[PDB]
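Featured here: a structure holding (R)-naproxen.
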Amino acid sequence: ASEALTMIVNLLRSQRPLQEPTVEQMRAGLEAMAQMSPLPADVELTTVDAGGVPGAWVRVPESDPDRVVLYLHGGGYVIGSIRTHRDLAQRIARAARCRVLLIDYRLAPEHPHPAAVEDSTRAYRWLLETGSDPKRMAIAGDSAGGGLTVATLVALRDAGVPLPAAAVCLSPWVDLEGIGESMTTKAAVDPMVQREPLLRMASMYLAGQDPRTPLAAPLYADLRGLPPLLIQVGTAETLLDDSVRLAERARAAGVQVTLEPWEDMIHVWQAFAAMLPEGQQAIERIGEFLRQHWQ
Ligand SMILES: COc1ccc2cc([C@@H](C)C(=O)O)ccc2c1
């Protein structure tokens, strides 16, 4: 891996937003870290009411105005915001030459499951209502937002809503019990995600519901009929086996899955693309994948 990976690992070993003592401090910690990646001058942000869900349009100069990624931010269903993820959103908008709708879906513990999935499906339905075409759309998300991407597709399919051309999952979180082998075997090399904080956030999202509830933990969902899926994951991740098991389940369901394991990469390494070469390389691959499925 690039020497820059050592700098990102060192940052994460000291700035541990998932290990902050309160939800308020976890939220503020991730906001402080995102504020470091300064936004390019050519990014246009437009706040919008996406059918009752607050959102922001992210546009860059080469955004095709009729192609849209609905972007579902990570943060364990508890943290993250339009602010934390607008840099990753603009990088994807640039690579995929599209507009990104970044939504502020309801967060736990204030709004437990299924609030997040109600909001992601409402935003997608609103895009259709306002004239977006499914063959020029995609849903993408990181970590909890990667799990929410799969759950959103399942819920839309079950409601008879036309599915988009493709979907992208970045280090998705789909096992809310943390029982993947890598949760043990990669614990020593993951500077961000460990079982204790994952179970803390799962508790807030589930509010006593079965941790294998399919739209909360899509490792247990019926995935038949989903569109082509790109799963990017790092091998230095306790969540590696979330991606491996999701790929197995989607392939068994007849889905066109690409599983891309990036050697030595850490959780949502794409968010560090300003400093990490593999982050920008992975975002270029996301853009290639989306443009191929919109052809
Ligand atoms: C430098 O900027 C960032 C921005 C968002 C980030 C999000 C995560 C995790 C919690 C995520 O939402 O998947 C990690 C690092 C991040 C760094």
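In what follows, residues are counted from 1 in the order of the sequence shown. Just so it is clear, the values below take in all heavy atoms, side chains as well, and ignore hydrogens, waters and symmetry mates. Ligands are counted one by one from 1 in listed order, and the atoms in each one are counted from 1 as well.
Including duplicates, the parts belonging to (R)-naproxen are ligand 1. In this structure the chain with most contacts to (R)-naproxen is the one the PDB entry names EstD11.
With a non-hydrogen cut-off of 4.0 Å, the residues around (R)-naproxen amount to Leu30, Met33, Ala34, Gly74, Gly75, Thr84, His85, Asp142, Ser143, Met192, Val268, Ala271, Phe272.
Between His85 and (R)-naproxen, an N or O atom pair is found at a separation short of 3.5 Å.
The contact set between (R)-naproxen and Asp142, taken as ligand atoms under 4.0 Å from a residue heavy atom, comprises 11 (C), 12 (O), 13 (O). Of all protein heavy atoms, the one closest to atom 9 (C) of (R)-naproxen is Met192 SD, 4.1 Å. Of the protein's heavy atoms, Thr84 O, 3.5 Å lies nearest to atom 5 (C) of (R)-naproxen.
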